[PDB]
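Step one of this worksheet: look at the structure below.
Order of sequence lines = order of chain letters (A, B, ...). Since chain A takes its numbers from the PDB entry, the residues it shows come out as 36-65, 88-390. By the numbers in the PDB entry, the shown part of chain B spans 165-584, 671-810, 832-1051, 1058-1167. No hydrogens, no waters, no symmetry mates; every other heavy atom, side chains included, goes into these values. When a ligand or atom number is given, it counts from 1 through the structure's own listing order. Recorded method is electron microscopy, 3.5 Å.
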Amino acid sequence: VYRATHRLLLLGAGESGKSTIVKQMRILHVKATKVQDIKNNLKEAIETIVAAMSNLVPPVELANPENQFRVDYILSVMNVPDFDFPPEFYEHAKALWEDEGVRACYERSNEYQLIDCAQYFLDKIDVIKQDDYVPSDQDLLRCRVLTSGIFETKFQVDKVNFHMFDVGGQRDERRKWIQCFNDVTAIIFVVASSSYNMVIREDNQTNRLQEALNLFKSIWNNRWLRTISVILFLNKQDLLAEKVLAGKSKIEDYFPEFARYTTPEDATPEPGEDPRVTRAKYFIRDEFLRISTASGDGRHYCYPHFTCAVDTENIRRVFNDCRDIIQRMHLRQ
Amino acid sequence: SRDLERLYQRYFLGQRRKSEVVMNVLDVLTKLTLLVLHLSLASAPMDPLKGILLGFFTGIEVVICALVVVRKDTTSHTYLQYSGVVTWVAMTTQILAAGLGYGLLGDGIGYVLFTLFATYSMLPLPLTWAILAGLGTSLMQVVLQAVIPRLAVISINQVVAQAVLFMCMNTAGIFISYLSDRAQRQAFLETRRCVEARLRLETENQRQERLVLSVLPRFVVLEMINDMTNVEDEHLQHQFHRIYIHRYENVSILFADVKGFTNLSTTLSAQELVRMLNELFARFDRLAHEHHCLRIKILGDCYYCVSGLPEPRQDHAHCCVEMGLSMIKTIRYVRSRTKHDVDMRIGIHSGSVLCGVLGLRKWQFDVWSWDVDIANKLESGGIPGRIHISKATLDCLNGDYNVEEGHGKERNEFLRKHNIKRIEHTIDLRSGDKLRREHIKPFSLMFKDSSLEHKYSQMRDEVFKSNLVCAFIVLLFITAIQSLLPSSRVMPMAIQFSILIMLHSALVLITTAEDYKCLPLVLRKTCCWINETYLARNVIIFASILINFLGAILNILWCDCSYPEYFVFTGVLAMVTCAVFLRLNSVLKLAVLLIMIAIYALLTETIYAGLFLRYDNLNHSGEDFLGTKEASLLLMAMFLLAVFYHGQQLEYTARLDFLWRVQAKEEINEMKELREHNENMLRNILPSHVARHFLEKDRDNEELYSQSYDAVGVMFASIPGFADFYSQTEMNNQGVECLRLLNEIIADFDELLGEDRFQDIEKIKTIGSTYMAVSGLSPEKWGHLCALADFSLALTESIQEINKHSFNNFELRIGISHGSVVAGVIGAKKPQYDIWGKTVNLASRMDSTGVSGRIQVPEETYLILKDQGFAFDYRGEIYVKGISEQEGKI
Ligand SMILES: Nc1nc2c(ncn2[C@@H]2O[C@H](COP(=O)(O)OP(=O)(O)OP(O)(O)=S)[C@@H](O)[C@H]2O)c(=O)[nH]1
Ligand SMILES: C=C[C@@]1(C)CC(=O)[C@]2(O)[C@@]3(C)[C@@H](O)CCC(C)(C)[C@@H]3[C@H](O)[C@H](OC(C)=O)[C@@]2(C)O1
Ligand SMILES: [Mg+2]
């Protein structure tokens, strides 16, 4: 029954949300440690914001000078390997989060490196201060955990078996990918479409989107993946829409071709959609289809999908469509 | 060859004997049938004298019937030759019984026609015997006319014609006997040649396979054989070059290295060193066979087992420790004669190994794992003359063996090791035995497959021209038989006779148009086309049959001629023509034969009945009209039965031989395909000359095969990063994916080796992740060193490319040297090509003492490609020597 089972792996760059996709898929169809990781994520977020108050070359204006000992406390405990969790620290963190200077510093998060789930947990200081509740599944999906090795999750939906393969995305972990390049049904490439503004945390020079494009170029022309027919999963669509709606940062500012680019005739007419978000998503998708088609031979094909890993309805719809694709593909026409 | 030809006679005797079994059975029916009608003719009982001789004659045929069966079962066939004589004399004597006494008063001349044809058709007597047997009856017919002068009174003339009637039986009879015997000779000769070729190719196939199976155990050779046959339609979807590796458990690994190799290497030259190495390692191979090991490889001065790899054993490490004790004992034995101090050290470990082959050229069985590395380190520990039984093995054997505390500290303290003829007769017999009820029809002798019968029909009749000649002579003789016979319309019957004799000659020239070279090619092609297709020959064979019958009956139609029995024998003289026509099918022969009797049955009843009546009253005698028409169809019955059975048996033998020839050809084709597969594998395993030398005799007669060369370059290529890359987790099966990547690297190297640019370079072996190749082994000038340098540069380029395709960095350490080597096989039982010398050790040392990504080279004898790094000054193993490094061509 090995042939009946389908093997799928999530190859993508760092912080691409593939682990979040795996978690959402797991809870779609089938403790205190998770609480600890939420606390650690919020901890890292607030410590990085406090550090970036002064680390950036352009100084960020502060709040009322009297409310500064809080900044000193966050700076002091940040160096401590075992960060404390007293109510006073949570009061400090809330005081920073309500401050307008800290808000402005957070609005410039693209200059430095910070987890994308910072604001969700920062809005949760008041509820996390009591340290007596259990976060919901949605708050569980906001957790940020580094994936070192490769992991497998057995799956079973509508009497057919599926195999999951979560792998790392950092340049140090890309050497382990070859360990599972044999007899794989399809590749689910995940790309953070909203990371066009930031840069990778390993070199601090190349764009995250440019790194993802290079990774996709390497995967598409791989000699051991000549006939694998990858599937493309654009992620963080809501974040991209929010960033393009704010107007602070633009795709043209990091990609000159975007300004001249125009929306294609074929499009998805979402009722709650703007021309700007459509042109951005279609520019990204057209870039990926261009890099795929330039080397296209007809042996393998790519099917781009727009996905938001946070909400479960988009996940289940895209998963149903991709399941139809994988069934047709296992048909081996 | 009198022995082979006599052997053919023994085979030929049985097939002809099967024909006389029914004919002796046919004869006893003839006596009783004639006896019965004579009894029914007269109410009074016959003469008691009449019954006694026929009683002897009708009883002896039973005896011969019961005598042929026992002799066939007997290996000897002397009585089969006698049975033909016993049968012939019995029927030949019948003439004396009628001529002098009473005997078989029925028939007469016609009965002699039946037997005189019989002694050339079914009797297993040879051709020379047939003439004597045939002449005996013919000369005794001369005795018959003397003992029966009233027969000459019936016809004062035509007595010469009576002899002529019996002359053509000899003429036509030898034609059937000679051609049928000749065709049997070809069938026996062919089936003797085909089995000779099959046995010749089987011994070569078993000898070729026995060398392939000497290395490369069966459980991977089967996989390779299945792979090369292309079991599926196509393998157009492949991403990796595939591997032949498997994982095993509960195995033990031995190791051994000479402690003082370098001290004795400089003392004596290469030849003596190779001699001692071979002696020790051959004794060691014998020990390994004795103690259930199987050696994997011999590298330098190293030798290592795998315990219970292809088959499991409860005490797997026991065999390793026992043969290690044997190692120590053999080292002590060779320590005698105060020759040297080549004592070694042994390390043993037990665990799990991955066994298989890598690459596309020079496949060799190897084992890769972490535990074999533990065994290698245990051997490298030290204390020569003592074994290492580290915890993974001491708890394995038993607590019954006492061992010391183990090494104190000799190796790096990492990972916490925790030390502590007759065939041809059965060839013919099984043909009939299997085909008793098989593809051939039980009676029609027709193959079930339409194509099988069709491909039989396309076979040309090689005696068609000669066979049609026979029909001309007999038709010519009936013309001479009747020409002197009187008739009213002598000329009008001759005009038709001229037309009929021309009608046969018309087919004769058409069927000999190819024989007539002077005639145009178009006519010649038609003659070939006639025999090319069976149906076109069948109608001609049927046609020529009719002309003999039309000529034999038209004389009677002219009669409204006082000798009506002599005109009947002309039809008998036409029934032989059907028997002459061997190739035409049996059931088709019966249909045309049934026409002859039916017409004669219509011409022997009321029509021309009065012409028989005037013959009855003239002869009168004692109720002799039972020898007339009452016996005329009686003669026709036996003649028809004999001719039909002759045709049936001939076709039976022919179809059997054809079917067996087809089966043998199919077997030959399959065996040839297997030979091709084995040849391909053997070519992939070993070089050409070594394989040729080891294929024939002298595989073990010459214990050492070796050869000395003067100008040979040696290269090594190592990948130090693969050890760090290699890891045995659960996601990858046990490191199988790492070995797949290694196989991909080695296969890329091997494919690069196949370019026409690198013809002087041959890959010797691979040592784990190391690649070894030599230059200019076969002299057929210092260009081969340049070829080796270009090969090293191409290896660097290939490793860079595959690093780009993957997502990790790999670096190559290249070591080159040039000098004189000694190339030969060190193991007689398992042939592994290898080279030795001082330049080999220098190359290995230069590879070991080097920097990754750079090529280290000895004294630069070439100016074509520019080098650099002259001031490197690497001490190596021999002595300090400063020489350069190797960049690109420019
Ligand atoms: N707002 C928003 N957040 C998302 C979205 N997708 C993922 N995230 C968040 O981003 C964070 C990073 O996702 P994660 O799954 O850890 O990336 P990763 O690829 O597995 O990280 P790595 O192993 O390559 S280093 C998660 O905490 C997740 O909550 C999204 O579509 N919208
Ligand atoms: C590729 C396999 C791996 C990682 C593990 C292994 O079993 C080896 O192949 C052995 C031990 C193993 O094949 C036995 C022979 C020999 C020659 C001793 C190998 C080398 O030591 C390899 O190391 C090198 C560097 O060649 C090594 C150790 O590398
Ligand atoms: Mg991850």
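The name recorded for the drug at ligand 2 is forskolin. Taking the chain with most contacts, the partner of forskolin here is, per the PDB entry, Adenylate cyclase type 8. Other chains with any heavy atom closer than 4.0 Å to forskolin: B. Around forskolin, within 4.0 Å by heavy-atom distance, are found B/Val531, B/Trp532, B/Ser533, B/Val536, B/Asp537, B/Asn540, B/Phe993, B/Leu1013, B/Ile1038, B/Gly1039, B/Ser1040, B/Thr1041.
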